[PDB]
Amino acid sequence: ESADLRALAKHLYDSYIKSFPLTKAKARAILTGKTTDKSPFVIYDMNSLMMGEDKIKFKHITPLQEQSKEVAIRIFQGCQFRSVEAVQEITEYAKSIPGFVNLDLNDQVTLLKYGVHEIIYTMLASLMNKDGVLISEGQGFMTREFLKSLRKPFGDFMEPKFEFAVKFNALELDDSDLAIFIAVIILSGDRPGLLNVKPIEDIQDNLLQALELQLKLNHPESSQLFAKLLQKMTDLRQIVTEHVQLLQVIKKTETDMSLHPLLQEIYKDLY
Ligand SMILES: Cc1oc(-c2ccccc2)nc1CCOc1ccc(C[C@@H]2SC(=O)NC2=O)c2sccc12
Ligand SMILES: Cc1oc(-c2ccccc2)nc1CCOc1ccc(C[C@@H]2SC(=O)NC2=O)c2sccc12
Ligand SMILES: CCCCCCCCC(=O)O
């Protein structure tokens, strides 16, 4: 019935607001500079990156052994820390999806392990436009050109996310749409190694119905938005699997290189 589906949509939106401090709405307000609550420092080359480090307050601190004087590695570490924050936000959010916590714990672990990066890239798009991306909770704005011009493959690290984002962002979802979509991602019955797929697919069937109603009500003029959104899950998968391969190539070209321990656990036996 439609009433239960609407209550689910509201419940998920409420949980998403409690779990994710930086929402798309706040990111869009920052990106549209007519909301001059402040203004992010624009980073576009080495000098501006070094200047931004002076001006931006960083929350996360790499161990001294893993600090690098090299611009591309410091940026890489900035990205990792966004993922370490997001994994914990996503976990809190997942526990509020009805039925998730009653699943076998091993299946909960599997759904998070394989779901977090597809969500991370979904919400990364909320911080991007065709010209660049917000960094450090919106204190800075790193340009896309700059990110393309990084050495070794870090151009291949950034550009596919930008290509995804500008198309994903043309769907014009809001946070109340995204709250349901990321729950659909988590409750994926096709993750490797799942033990009881049927209880997962039964939750996802309910989430898909709530997502379908929500897009119908919230985007009445957007033709086939539901279908187009679900097709983006294919793009998201490709970004993750290509990222995983790319990381297996940086390891060869740097034996000493370091992932945050949380990302080491996520990537371990991932694909
Ligand atoms: C928070 C974090 O981020 C990363 C990481 C991020 C990006 C790439 C690779 C790794 N890993 C950790 C966990 C470990 O974080 C620490 C361990 C130990 C110390 C104390 C001295 S410093 C040193 O180098 N070894 C020590 O015992 C210190 S101090 C500030 C941190 C820290
Ligand atoms: C690009 C950038 O720079 C900074 C920054 C720079 C200096 C200081 C502070 C911040 N902020 C951002 C935005 C965040 O953009 C990302 C977040 C997370 C990921 C995924 C990780 S990175 C990895 O290898 N495994 C993961 O989970 C990836 S990937 C391409 C981008 C990306
Ligand atoms: C690693 C060089 C300095 C930047 C690291 C930024 C991580 C903290 C943050 O802004 O989220």
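Numbering of chain A is taken from the PDB entry, so the residues present carry the numbers 207-477, in order. So this one's X-ray crystallography, 2.1 Å, going by the header. Computed over heavy atoms, backbone and side chain alike; hydrogens, waters and symmetry mates excluded. Whatever order the structure lists ligands and atoms in, that order sets their numbers, starting from 1.
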* **Drug listed at ligand 2** => edaglitazone
* **Greatest-contact chain for edaglitazone (ligand 2), named in the PDB entry** => Peroxisome proliferator-activated receptor gamma
* State whether the shortest distance between N or O atoms of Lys367 and N or O atoms of edaglitazone (ligand 2) falls below 3.5 angstrom. => no
* To do: Please report which non-hydrogen protein atom sits nearest to atom 14 (C) of edaglitazone (ligand 2), along with the residue it belongs to and the distance in Å to one decimal place.
  => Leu330 CD1, 3.8 Å
* Asked: Just which atoms of edaglitazone (ligand 2) are under 4.0 Å from any heavy atom in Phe264?
  -> 8 (C)
* Of the protein's non-hydrogen atoms, which lies at the shortest distance from atom 22 (S) of edaglitazone (ligand 2), and what is that distance? -> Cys285 CB, 3.9 Å
* To do: Go through edaglitazone (ligand 2) atom by atom and flag the ones less than 4.0 Å from a non-hydrogen atom of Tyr473.
  => 23 (C), 25 (N), 26 (C), 27 (O)
* If you count the atoms of edaglitazone (ligand 2) from 1 in the order shown, which ones are under 4.0 Å from a heavy atom of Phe363? -> 30 (C)
* Does the N or O separation between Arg280 and edaglitazone (ligand 2) drop below 3.5 Å for any pair? -> no
* Asked: Can you list the edaglitazone (ligand 2) atoms lying under 4.0 Å from a non-hydrogen atom of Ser342?
  -> 9 (C), 10 (C)
* **Contact (N/O only, under 3.5 Å) between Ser289 and edaglitazone (ligand 2)** => yes
* Asked: In terms of residue, atom name and distance, what is the protein heavy atom nearest to atom 12 (C) of edaglitazone (ligand 2)?
  -> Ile341 CG2, 3.6 Å
* What is the closest protein heavy atom to atom 6 (C) of edaglitazone (ligand 2), and at what distance does it sit? -> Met348 CE, 3.9 Å
* Asked: Where, in terms of UniProt domains, do most residues of chain A that contact edaglitazone (ligand 2) sit?
  -> NR LBD
* Are any of the N/O atoms in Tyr327 less than 3.5 Å from those in edaglitazone (ligand 2)? -> no
* Ligand-side contact atoms (edaglitazone (ligand 2)) for residue partner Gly284, heavy atom cut-off under 4.0 Å -> 5 (C), 9 (C), 10 (C)
* May I ask you to identify the nearest protein heavy atom to atom 24 (O) of edaglitazone (ligand 2), giving residue, atom name and distance to one decimal place in Å? => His449 NE2, 2.9 Å
